[PDB]
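Figure: structure with losartan.
The chain is numbered in sequence order, starting from 1. Looking at the header, which is where the method is noted, we find X-ray crystallography, 2.2 Å. For ligands, and for the atoms within them, numbers begin at 1 and follow the listed sequence. Atoms considered below: every heavy atom in the structure, side chains included; atoms not considered: hydrogens, waters and symmetry mates.
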Amino acid sequence: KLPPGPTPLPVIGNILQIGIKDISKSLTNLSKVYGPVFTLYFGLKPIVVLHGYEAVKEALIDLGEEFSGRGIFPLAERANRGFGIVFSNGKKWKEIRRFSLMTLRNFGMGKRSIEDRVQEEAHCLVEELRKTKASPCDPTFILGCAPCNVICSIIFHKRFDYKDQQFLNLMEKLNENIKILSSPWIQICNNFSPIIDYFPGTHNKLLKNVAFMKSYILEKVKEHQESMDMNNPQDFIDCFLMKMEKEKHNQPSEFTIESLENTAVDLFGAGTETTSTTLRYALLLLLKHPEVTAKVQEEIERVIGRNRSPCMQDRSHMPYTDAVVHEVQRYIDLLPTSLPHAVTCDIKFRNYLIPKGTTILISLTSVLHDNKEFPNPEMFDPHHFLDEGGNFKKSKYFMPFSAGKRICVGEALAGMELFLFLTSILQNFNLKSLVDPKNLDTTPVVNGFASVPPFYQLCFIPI
Ligand code: HEM
Ligand SMILES: CCCCc1nc(Cl)c(CO)n1Cc1ccc(-c2ccccc2-c2nn[nH]n2)cc1
Ligand SMILES: CCCCc1nc(Cl)c(CO)n1Cc1ccc(-c2ccccc2-c2nn[nH]n2)cc1
Ligand SMILES: [K+]
């Protein structure tokens, strides 16, 4: 017997019982009557919901191999998304993910470290912010460019100028697609139609945008094919190609030019928007709490000077800064239900039989906003990650990147972008609101399965 739940209506299951505006809050309300493990029917499709640390840990960590499937909805097929890492399953996922973790290690692709690629980008970000000449600024475009250029330097071994036309084109297609993918019509309502696609023009537009990106990625693998130094892989493409060489006597291989294009598209997708949004949010929270910004700056000035770039080594000597970055991710909760999981086999889970391929929804909100681990969890307070002495207090409830076998591939890279972009910004600038700080609102704006910050402007005032 599946876990207990609200009795489904015929055909529509429990769809009339969930506010699709704020799915996270509905899931939380259902946990107060059905407890931490409960079943919802998305039109005869059973979804099991895990709410709370204990259930999420039990599934994602204790039974990690069983809860490592990606949940599949019609959008996976309509947008052709199951051929990289994010939406792939089985052998294809296991192999592309294991290759991807190895290649994304700090020194995973040659002498030039990931850290060096981000440090370079952090310098360019600081230069673009100077060019705003301390005038009112929606930082959305600029903060979106930085993480996107890090992905570019990781994949193609060289970053673009922010004014370069091929870059603005890629950036434009990525943003359109992310904005389309974020509509409840595309991510929820059209998924209720298992066979008929009610938005065929939208899916076409998504697939044209991907094609454009895939075409640029192919132009570059050609350029990498001719200038190939075995004994010197520079980037994700060099490492992927020479993985293909080692796979030449073992076809059919999960490593092909097709799976490189699709993997690259996933890294652009996964690695841009969430980092971008987290940065934009961090600046809003620093605007709203200027004392916090001032203590970060004190750590910056004391531990780092004004004569050198920040570097990751500084983070262990900057507990307050580390607490702030950790409290930004915890407070804003950008992926309140992560991405859906699926069980990879039949599994007994607290005396509930969950059949192979049943969709699992993880409430990361329920962990990040635990009111016992983080007292007053709806408040931004760096003290949630500090002890009485001022040292960094780690939390097992810190899961903005999810947990277990599907944990975000970019966990380490995101951690570096956030630490280095934010320390580089505050080492070179003070932040000025156009509205009085006490007025600005910082509560997440939820639209289905994602949180975004409110609109805001600020001035980057050189130090
Ligand atoms: C603050 C930034 C980020 C956050 C909060 C974040 C969070 C997440 C979460 C919650 C997942 C879903 C894990 C699950 O399936 O349960 C995910 C997946 C993933 N993230 Fe990130 N992510 C971020 C940045 C990045 C970056 C920079 C990359 C760059 C490589 C990346 C690559 C991926 C990939 C490939 C997956 C799919 C992993 C898989 O299905 O096996 N992410 N991320
Ligand atoms: C029919 C194949 C055309 C695909 C396509 N490529 C691009 Cl580029 C455009 C720009 O609109 N488009 C067309 C397009 C037309 C309507 C939508 C749309 C916008 C808002 C609400 C619903 C739709 C929709 N999609 N399918 N039917 N209606 C999206 C893309
Ligand atoms: C020019 C191409 C732009 C990016 C994009 N458009 C399409 Cl369509 C794909 C296939 O999913 N992609 C790649 C894609 C891969 C993973 C995601 C994903 C990663 C982590 C957390 C949430 C997202 C997500 N999925 N859907 N919307 N946002 C988003 C986009
Ligand atoms: K149409």
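All instances of losartan together account for ligands 2 and 3.
Structurally, the greatest contact with losartan (ligand 3) is made by what UniProt calls Cytochrome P450 2C9.
Defined by non-hydrogen atoms within 4.0 Å, the binding site of losartan (ligand 3) is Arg81, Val86, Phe87, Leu174, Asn177, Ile178, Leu181, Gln187, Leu206, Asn209, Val210, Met213, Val265, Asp266, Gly269, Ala270, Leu339. Distances below 4.0 Å separate heavy atoms of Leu206 from the following atoms of losartan (ligand 3): 8 (Cl). The shortest N or O to N or O distance between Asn177 and losartan (ligand 3) is below 3.5 Å. Of all atoms in losartan (ligand 3), numbered sequentially from 1 with element shown, those under 4.0 Å from a heavy atom of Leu174 are 3 (C), 4 (C).
Applying the 4.0 Å criterion to heavy atoms of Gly269 picks out, from losartan (ligand 3), the atoms 14 (C), 30 (C). Close approach of losartan (ligand 3) to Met213 (heavy-atom distance below 4.0 Å) involves ligand atoms 1 (C), 2 (C).
Proximity to losartan (ligand 3) (heavy atom under 4.0 Å) is shown by no UniProt heme-binding residue of chain A.
For the pair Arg81 and losartan (ligand 3), the shortest N or O to N or O distance falls below 3.5 Å.
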